Structures are given as structure tokens and as C-alpha cells.
Trainee: 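Structure of interest includes methotrexate; see the questions below.
Chain naming is simple here: A for the first sequence line, B for the second, and so on down. What you see of chain A is 1-289, where the numbers are those given in the PDB entry. In chain B, numbers come from the PDB entry; the residues present are 1-287, in order. Hydrogens, waters and symmetry mates are skipped; everything else that's a heavy atom, side chains included, is used. All ligand and atom numbering here is 1-based and tracks the order in the structure.
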Amino acid sequence: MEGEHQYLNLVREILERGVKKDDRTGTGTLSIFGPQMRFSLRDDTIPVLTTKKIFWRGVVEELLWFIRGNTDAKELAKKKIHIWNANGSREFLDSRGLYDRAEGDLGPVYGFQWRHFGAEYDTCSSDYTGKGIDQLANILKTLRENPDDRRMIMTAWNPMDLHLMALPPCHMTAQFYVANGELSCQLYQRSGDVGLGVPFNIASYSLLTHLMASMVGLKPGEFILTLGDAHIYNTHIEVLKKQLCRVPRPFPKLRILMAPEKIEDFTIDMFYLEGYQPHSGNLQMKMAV
Amino acid sequence: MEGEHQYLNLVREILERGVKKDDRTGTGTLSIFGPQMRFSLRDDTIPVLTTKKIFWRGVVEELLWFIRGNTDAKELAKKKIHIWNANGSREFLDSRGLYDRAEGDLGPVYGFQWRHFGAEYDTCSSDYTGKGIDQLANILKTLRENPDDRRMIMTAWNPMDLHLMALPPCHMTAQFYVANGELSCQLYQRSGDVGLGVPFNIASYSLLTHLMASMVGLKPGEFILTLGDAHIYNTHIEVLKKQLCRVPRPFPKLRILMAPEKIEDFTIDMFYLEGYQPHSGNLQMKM
Ligand SMILES: CN(Cc1cnc2nc(N)nc(N)c2n1)c1ccc(C(=O)N[C@@H](CCC(=O)O)C(=O)O)cc1
Ligand SMILES: CN(Cc1cnc2nc(N)nc(N)c2n1)c1ccc(C(=O)N[C@@H](CCC(=O)O)C(=O)O)cc1
Ligand SMILES: O=c1ccn([C@H]2C[C@H](O)[C@@H](COP(=O)(O)O)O2)c(=O)[nH]1
Ligand SMILES: O=c1ccn([C@H]2C[C@H](O)[C@@H](COP(=O)(O)O)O2)c(=O)[nH]1
């Protein structure tokens, strides 16, 4: 009942006890409230699902993009990452009342808040160096100097910047914790697409915990995802029932070849997955409009 | 197990698996990270502990004080609630570099954030009417018009206001959710004194959920407390081991006589605890 079984058990529970709940978009969900998953990062483990192939290059390039404080979707499209193109399109910015916003300029989403909380937003190409509160740098410093501190919070939930964002954050608040020279991270995610998004999010914050651990001379401990509204979309049900038949294989290991002086200078070449052995191909379409 | 056993199990888990940890001040804790408790608010139930008498009048008056957006500790001292006196004292404010702050003025803590997020703070006696984002009012409106919304977040965690606060928030972020016309609340608490503060916090946010439910014509559902650093102070250990020998009695019920048009106009006279039968014993000292 550890590891990937955590995720599979969450899928069953939503399928068996979920509540029907039309939703934001034209399509329905089965939904529960408040479920939690815990993943061991010990022995270099990283919880990348084996019952479904995860787009690992996508996870890495998006996280490095967050860590840099970047908000331009075009930067991800250049590395053939398409996950933010929809929400940064002329149509979608216009539907959000952001008419004077250049295509691919998502506003002060995630990374911007991580590295520049409270800074005035101009455009995604502006220079934000030394502007706002650098929550991530502050946490890294606290992990070196005072690891027992109970206020190591990094949030993207800034009520004043929500109207400027293409989308309000999902993975909204992370807390860090140290015991026995092990770094743990809890993520509060207000809303989780359990089929498509959550497996991505688990890989994202697990990697972040690994990377942050290597920056401050600590071993990785646990990643804990706590969800608000965890839902499966009605379209994903039959696909997920198939995924549940698959026997999980051991989780891959993360190898880190080096850690740079500044966390924002990490590149995909500095680390890789060793032993990632996922199963066959199966799709899950995401719905909006 | 369900109910109060959620709390007693958490205490046991910290005593048996907790990590030793010298903390903020010259004392130790046993600590774990990320534990969760779920409490039913169905059939009018409110999870006020029966294995230890909870200072219910304190819970109610502090929450009504939060809901008003009040930050003056002296308003609570007038109702013989002393829980915020220490942190609003001359000495404590000075130790925090708040030399130009009048005794009892805690800064833009909790409620202020609930009702006035991002508003510029002056003093606790200033008029904040219509200033900053009223997160609580926005949530109440969303529960009437669009209960399926998944952004019903009320937060006290304002990175820019932390330096002006007497203390940074513990109970920092609540989310609300609706399913089968039942209102649920999840609380994220970054740090929890499991012995003294957590029982109080459980009563506080359970009451808020009951009150909010009656404002918008929904029934109460579940209250979920998710902790960051869940810790027992070494000084509380022996007392808590005794509390665990006590067989819990059924939780009391909350009776609400009426609901006013605006939630900040609730008064202690509008509701009461029916059937609260705690055990007699006591103890537990702060720090
Ligand atoms: C983390 N994330 C954000 C995300 C996830 N789920 C969502 N679900 C919904 N309903 N709505 C969203 N806006 C949403 N956003 C993701 C994750 C994966 C993909 C995705 O489309 N994955 C493709 C790869 C996309 C691509 O081709 O670049 C895949 O084949 O796995 C999109 C967004
Ligand atoms: C919820 N809360 C805030 C609280 C709780 N635990 C803390 N623990 C620590 N270490 N530090 C804090 N600032 C703290 N604050 C509480 C709860 C109860 C009492 C308390 O001691 N109760 C007494 C005093 C209340 C009074 O006399 O007015 C009682 O009579 O019930 C204090 C703070
Ligand atoms: O990293 C992300 C971003 C978005 N979503 C999904 C969760 C919801 O199903 C969907 C829509 O978000 P809201 O409706 O909650 O705004 O986005 C995720 O699961 N993960
Ligand atoms: O509602 C509250 C407020 C505070 N605390 C406790 C948690 C910690 O023991 C202490 C706050 O200290 P830090 O977590 O900020 O170090 O107060 C609670 O349990 N509940």
C-alpha cells in the first residue's frame, strides 16, 4: 500500500465513492475532498508512474521554467513543450479580459510568485531581478542555517495577482520540513485532475524536492500531495479502469551529476531517470471551452 | 477510527514515531510532518473534544473576532479572553521590532486577511470598511451562486504582511467544497501544538463551517485539518498519555437559533453547544 498503489487506490476511491458534479467546463466529474498521498524519495526514488508513461521532459522543462521565475509560454513552445500554449493563446487571454497581453504572456503565474511575490508585473520579458520576495531563495537559505523552522512556505496563491493570471494556481502552496538530515515537501493542491494532471504534479514537486535537497547538503525524505477537490473527469473513466489492471513496476531513481551555485541555473542535462520502465500507450484527453 | 479517535491516534503516533527536535525556543518537541484528521459535522455534530474540557467561550469569541477582521487583543481581554494578551504585550511587540505599535495591536493577523487581504494596515482601531479583498464574503457569494467552484480559498498567508504581524499565521489557508448540498472545509495548518492549540483550532474551523453553512442554506459536511509540522512539547507528554486512557463520549451538537444577513454580525447568543459532557482533569502549559 505504498508507492504507486497510493495513486491507484485514489483512482479506485473516486470511481467507487466519488460524487457526480458537473463543473466549470462542459463535462462532468466524480469528486472527493481532502485525500492525501505520501511518496518515499529515499534511496534516490522518484515517484514517476509506471502504469502510464509520464512526459518526463515536460515535467523537467516546466519546473526549470517555474524555478527561473519565467511566465512566457513561448519559452516552453521553443523546447517543443506545448502544455501552456492553449492558456497563452490570443483567444484564451481575450476570454480572461487580458486584451493588452502579448500572446504567450500568462501573467504572474507560478514561478513569478515563487521568486518575486508582491512585485508589480509588467510583461513576461521584463527584468524582475531583485523585485518581490524570493520565497525559494529564502527557503534554501533557511534549510542551510535553521532547518527546524516551521514557516518554510512557498506559495503562488496571491489574491491580488489572480485577475492578471491566465489561470489561478492549482499547486498553490508547498511547505518544507527536515528531520534526520532528510528534506520533505508537502504540496497543497486545491484542485486535481487525477487522470491527467496529478501524475505530472507528483513528478514535478518530487523532482523539486530532489533538486532542493542537493542544493543544501540534505537527502530527500518524503513528498506528500494533499488535494482539495480531487476529481476524475467522466471522459477519463474507461481509460483509468484499464490503467488500474496494470501491475506497477519499481519507481525509477533520479541521478544528479552536479548541482550549480544557483538553483535557477539547473538544466535537464544535470540529472536523468535511471530504470524508468513504464507500460504501453494509453491516452486521456483534457476538456475546456 | 472516526471522530475524536482521529485526534487521540495522532497524539499516539507523535509519541511513538515522533522525531526529537529542539525548536524555536529552549525546549524540545516530538514532531511528524503531513498528518490529516477528518471530522463529520453531520447530524449537527461539532468535534469539541470530550477527553479534555475545551474553553468553548474562547473558541466562539476569538472566531467572531476573526470574522469581524479585528486585530485588537484588548477587545478579547474585555470579554475575559486572555489568549492573545501575551503576543499583544509591550514586551512582545518590542521583541518583534514593532516599537510604534500600541499595546494589544497585533497587526494584520488572521481576520484582517480574511476580510481585507492586501489593504494597507494603519492601527487595529482604523476603519477598514471596503478596503482590500474580502475573501470570506466572496466565498459566501460563490457558495450561493456557484457551489461547484474549486477556487474557494481563504488565506491569512500574506508574505508582504508577515513582518507587521505579532506572529505569522499557523491556521493559514482554508478551502471550501460542496457535494450533495453539504459544506466541507479543509484547513492547512503549517504548525500545530497538538497538546494545546490543535483541539482549539478543530473547534474554531468546525464552528466556522457550521456558521457559513447556515449563511447560504447548506448542511455541514466534513472538517479536515491537514498539518505541516505536527508536534507535542516534551512538557505535555505525561499529561497527554493520561488523556489517552480516557474513553471519548459522543461529540456535542451545535444549535443555531438564527443566522444574520452578514456573517460579521453573528453573536454568541445566536447558537450554543447541546450535550457537551467533557471529562474532568485538566493541565497543559504554553511554550
Ligand atoms: C500539468 N498540466 C497542467 C494541467 C493538467 N491538467 C489539466 N486538466 C484540466 N482539465 N485543465 C487544465 N487546465 C489542466 N492543466 C498538464 C500536464 C500534462 C498535459 C498534457 O497535455 N500532456 C500531454 C503532452 C502535452 C504536449 O503534447 O506537450 C501528454 O501527452 O502527456 C497538459 C497539462
Ligand atoms: C488556539 N490558541 C492559540 C495558540 C495555541 N497554542 C499555541 N502554542 C504556542 N506554542 N504558541 C502560540 N502562540 C499558541 N497559540 C490557544 C488556545 C488555548 C489557549 C489557552 O491557553 N487556553 C486558556 C487561556 C484562555 C484564557 O484564559 O483566556 C483557557 O483558559 O482555556 C491559548 C492559545
Ligand atoms: O497542474 C495542474 C493544473 C491544472 N489541473 C486541473 C485540475 C482541474 O481539473 C482543472 C481545472 O482547474 P480549476 O477548474 O480548478 O480552475 O485543472 C491539474 O490537475 N493540475
Ligand atoms: O492556532 C494556533 C496557533 C499557534 N499554534 C502553535 C504551533 C507552534 O507550536 C506555535 C507557533 O510557532 P511557530 O510554528 O511559528 O514556530 O504555536 C497552534 O498550535 N495553533
Trainee: Please list all instances of methotrexate by ligand or chain.
Mentor: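 Copies included, the answer is ligands 1 and 2.
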Trainee: So, counting contacts under 4.5 Å, which chain has the most with methotrexate (ligand 1)? Name it the way the PDB entry does.
Mentor: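 Main partner, per contacts: Thymidylate Synthase.
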Trainee: List the other chains with a heavy atom under 4.0 Å from methotrexate (ligand 1).
Mentor: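 Chains with a heavy atom that close: A.
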Trainee: Which residues in other chains are near methotrexate (ligand 1), meaning a non-hydrogen atom under 4.0 Å away?
Mentor: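 Residues with a heavy atom in range: A:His82, A:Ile83, A:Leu167, A:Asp193, A:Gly197, A:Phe200, A:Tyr233, A:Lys286, A:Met287.
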